[PDB]
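Opening notes on indinavir bound to POL polyprotein.
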Number of protein chains: 2
Amino acid sequence: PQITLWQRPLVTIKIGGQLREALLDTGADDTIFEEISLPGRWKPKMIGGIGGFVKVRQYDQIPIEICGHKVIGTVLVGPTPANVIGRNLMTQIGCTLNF
Amino acid sequence: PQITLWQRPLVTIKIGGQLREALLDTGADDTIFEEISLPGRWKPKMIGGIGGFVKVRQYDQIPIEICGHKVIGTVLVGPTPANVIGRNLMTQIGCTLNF
Ligand SMILES: CC(C)(C)NC(=O)[C@@H]1CN(Cc2cccnc2)CCN1C[C@@H](O)C[C@@H](Cc1ccccc1)C(=O)N[C@H]1c2ccccc2C[C@H]1O
């Protein structure tokens, strides 16, 4: 579908059997969620954003359903005021910016 | 323009007679630049991002040309690792997300 930007670009997702809302964020290179549980090993990682850096866990090859589309990718879990779907996963559902 | 997301969605803009590049960022409600000079009065403002808060100057009704389109809006100036064009200006150039 097409989404205008008068309101935050929120989409419902299913990840690790949990349901969450996340922002389709073209300004984010990666995908990050606050408080969700993922299984398996992970690698520590620090991502930078506006306001500073945050230490997160990096989980690879994680299945995630974005607004109905089933894809798999790297997902970060760590402190964030909003769950974000980055470009790493937006390219998988074929999302584009248009004007 | 349609823009895919395999690479950062950068656009060249002109604001206050200065040229710079900025990220089309659907995850940002506001527009912020670091390292630019704007004229007139402004109001202090705390902005929250992924890594914490940043103190910035808020300038209203500032003309800005984004990828050739001339619009006007609120622009923040303060510490940021990347210039960002938020939803407040993307709606003015009719930018939409599609998938
Ligand atoms: C991978 C990771 C997710 C850490 N990336 C980012 O946070 C990038 C960082 N770059 C920079 C970078 C840093 C390090 C290395 N390369 C690049 C600048 C742009 N952000 C993307 C932003 O869109 C993220 C949002 C997150 C958010 C949404 C809603 C509520 C809270 C947090 C963001 O920063 N939003 C805020 C925001 C942002 C700009 C202007 C106004 C406002 C207000 C608000 O919407």
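For reference, chains are lettered A, B, ... following the sequence lines as listed. Chain A residue numbers are taken from the PDB entry; in order, the displayed residues are 1-99. Going by the PDB entry, the residues shown for chain B are 1-99, listed in order. Keep in mind that the numbers below use all heavy atoms, side chains included, and drop hydrogens, waters and symmetry copies. We count ligands from 1, going down the list as the structure has it; atoms in each ligand are counted the same way.
Other chains making heavy-atom contacts shorter than 4.0 Å with indinavir (ligand 1): A, B. Counting heavy atoms under 4.0 Å, the binding site of indinavir (ligand 1) comprises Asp25(A), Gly27(A), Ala28(A), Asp30(A), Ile47(A), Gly48(A), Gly49(A), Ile50(A), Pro81(A), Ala82(A), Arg8(B), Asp25(B), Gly27(B), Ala28(B), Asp29(B), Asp30(B), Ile32(B), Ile47(B), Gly48(B), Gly49(B), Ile50(B), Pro81(B), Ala82(B).
With respect to atom 18 (C) of indinavir (ligand 1), the closest heavy atom belonging to the protein is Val84(B) CG2, 4.2 Å.
Atoms of indinavir (ligand 1) lying under 4.0 Å from any heavy atom of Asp30(B), numbered from 1 in the order shown and given with element: 40 (C), 41 (C), 43 (C). Close contacts between indinavir (ligand 1) and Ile47(A) involve ligand atoms 4 (C) [criterion: under 4.0 Å to a heavy atom]. Counting the atoms of indinavir (ligand 1) from 1 in the order shown, those under 4.0 Å from a heavy atom of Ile32(B) are 39 (C), 40 (C). Ranking protein heavy atoms by distance to atom 29 (C) of indinavir (ligand 1), first place goes to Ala82(A) CB, 3.6 Å. For chain B, the PDB entry reports the organism Human immunodeficiency virus 1. Where the criterion is an N or O separation shorter than 3.5 Å, residue side chain and backbone included, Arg8(B) meets it with respect to indinavir (ligand 1). At least one N/O-N/O distance between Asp29(B) and indinavir (ligand 1) falls below 3.5 Å.
For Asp25(B), a nitrogen or oxygen atom sits less than 3.5 Å from a nitrogen or oxygen atom of indinavir (ligand 1), counting backbone and side chain alike. Using a 4.0 Å cut-off to heavy atoms of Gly48(B), the atoms of indinavir (ligand 1) that qualify are 36 (C), 44 (C). Within indinavir (ligand 1), counting atoms from 1 as listed, the ones closer than 4.0 Å to a heavy atom of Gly49(B) are 34 (O). Numbered from 1 in the order shown, with element, the atoms of indinavir (ligand 1) that lie under 4.0 Å from a heavy atom of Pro81(B) read 11 (C), 12 (C), 13 (C). Close approach to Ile50(A) involves these atoms of indinavir (ligand 1), each under 4.0 Å from a residue heavy atom: 38 (C), 39 (C). Summary of contacts: the protein heavy atom closest to atom 3 (C) of indinavir (ligand 1) is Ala28(A) CB, 3.8 Å. For indinavir (ligand 1), the atoms closer than 4.0 angstrom to any heavy atom of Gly27(A) are 8 (C), 19 (C), 20 (N), 21 (C).
In the deposited model, no covalent adduct of indinavir (ligand 1) forms with a chain.
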